[PDB]
Amino acid sequence: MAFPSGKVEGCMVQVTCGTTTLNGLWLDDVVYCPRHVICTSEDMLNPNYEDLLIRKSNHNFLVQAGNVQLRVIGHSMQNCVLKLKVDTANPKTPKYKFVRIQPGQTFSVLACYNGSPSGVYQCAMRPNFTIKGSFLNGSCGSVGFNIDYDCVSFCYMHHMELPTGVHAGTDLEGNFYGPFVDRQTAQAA
Ligand SMILES: *C(=N)[C@H](C[C@@H]1CCNC1=O)NC(=O)[C@@H]1[C@@H]2[C@H](CN1C(=O)[C@@H](NC(=O)C(F)(F)F)C(C)(C)C)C2(C)C
């Protein structure tokens with residue numbers, strides 16, 4: 001069974017940088033999203049993330065909660081996630097924590113597109129650190145979570161699809177599960 005998704009739906013936003021749009025997670029006054037949002041299509045082949053981060057300013061990021069634009073007032077990189085500091089705290093922020101899960105453990109995924117929740121399903125982390133998800137274009141930044149009474153444990157942010165059709169991603173501190181890298185290059189499970 002998947003967990004009810006209401007607590008997470010209220011945290012989902014759309015993040016756009018240039019022509020690249022994906023999803024972000026808005027907790028308190030920070031938006032978390034995959035750092036490859038800052039890449040053009042070309043950049044994704046061999047990204048120098050340090051240098052791409054330099055050339056972006058706060059106003060190059062468009063963050064929208066539904067129809068409301070949120071002002072980005074700071075940005076930083078933590079491993080493979082970007083943290084955007086916004087001028088508005090999310091009033092729907094649940095009690096939450098960030099946890100890193102192990103193979104064999106299950107969690108719920110809230111698949112989102114353009115910041116809009118689309119569906120909920122249960123996944124299990126496989127021994128090679130991949131998951132058999134259902135993700136299309138624009139699904140990056142969708143999150144995985146468990147619920148402990150009233151507390152949402154976020155454990156997964158979505159980044160990529162592998163050639164065999166399984167999926168890989170990070171925890172919410174930006175560290176990949178498994179030996180994967182956020183580069184459009186020869187990678188296999
Ligand atoms: C995020 N919105 C998408 C989610 C993908 C699209 C198809 N299904 C998914 O889960 N992520 C990406 O587009 C990432 C992103 C560049 C390319 N990429 C990939 O997932 C590609 N895969 C790989 O390069 C591979 F095989 F190495 F894993 C793609 C061929 C587009 C499926 C970056 C930065 C990795």
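Starting from 1, each residue takes its place in the sequence as its number. This deposition comes from X-ray crystallography, 1.9 Å. Every number for a ligand or one of its atoms is a count from 1 in the order of the listing.
- The drug that appears at ligand 1 goes by the name nirmatrelvir (bound form).
- Of all chains here, the one making more contacts with nirmatrelvir (bound form, ligand 1) than any other appears in UniProt as 3C-like proteinase nsp5.
- Shown in contact with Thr185 at under 4.0 Å from a heavy atom are these atoms of nirmatrelvir (bound form, ligand 1), numbered in order with element: 24 (O), 27 (F).
- The closest protein non-hydrogen atom to atom 30 (C) of nirmatrelvir (bound form, ligand 1) is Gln184 NE2, 4.1 Å.
- Against a heavy-atom cut-off of under 4.0 Å, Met44 is close to the following atoms of nirmatrelvir (bound form, ligand 1): 16 (C).
- Protein heavy atoms all stay at least 4.0 Å away from atom 13 (O) of nirmatrelvir (bound form, ligand 1).
- Atom 29 (C) of nirmatrelvir (bound form, ligand 1) has its nearest heavy-atom neighbour, among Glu161, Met160, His36, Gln187, in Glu161.
- Closest to atom 6 (C) of nirmatrelvir (bound form, ligand 1), if we only count protein heavy atoms, is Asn137 OD1, 3.7 Å.
- Close approach of nirmatrelvir (bound form, ligand 1) to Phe135 is summarised as follows: ligand atoms under 4.0 Å from at least one heavy atom of the residue are 8 (N), 10 (O).
- Most of the interface of chain A with nirmatrelvir (bound form, ligand 1) sits in UniProt domain Peptidase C30.
- Shown in contact with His158 at under 4.0 Å from a heavy atom are these atoms of nirmatrelvir (bound form, ligand 1), numbered in order with element: 4 (C), 9 (C), 10 (O).
- Closest UniProt active-site residue of chain A to nirmatrelvir (bound form, ligand 1), with heavy-atom distance to 1 Å: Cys140, 2 Å.
- Set against the non-hydrogen atoms of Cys140, the atoms of nirmatrelvir (bound form, ligand 1) under 4.0 Å away are 1 (C), 2 (N), 3 (C), 4 (C), 11 (N).
- According to the deposition, the covalent link from nirmatrelvir (bound form, ligand 1) ends at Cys140 SG.
- In summary, the atoms of nirmatrelvir (bound form, ligand 1) found under 4.0 Å from a heavy atom of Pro163, numbered by their order in the structure, are 26 (F).
- Only side-chain heavy atoms of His167 come within less than 4.0 Å of nirmatrelvir (bound form, ligand 1); its backbone N, CA, C and O stay farther off.
- Distances below 4.0 Å separate heavy atoms of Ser139 from the following atoms of nirmatrelvir (bound form, ligand 1): 2 (N), 4 (C).
- When each atom of nirmatrelvir (bound form, ligand 1) is checked for a heavy atom of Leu162 under 4.0 Å away, the hits are 28 (F).
- Neighbouring residues of nirmatrelvir (bound form, ligand 1) under 4.0 Å (non-hydrogen atoms) are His36, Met44, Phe135, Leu136, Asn137, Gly138, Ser139, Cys140, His158, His159, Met160, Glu161, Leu162, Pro163, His167, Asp182, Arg183, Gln184, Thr185, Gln187.
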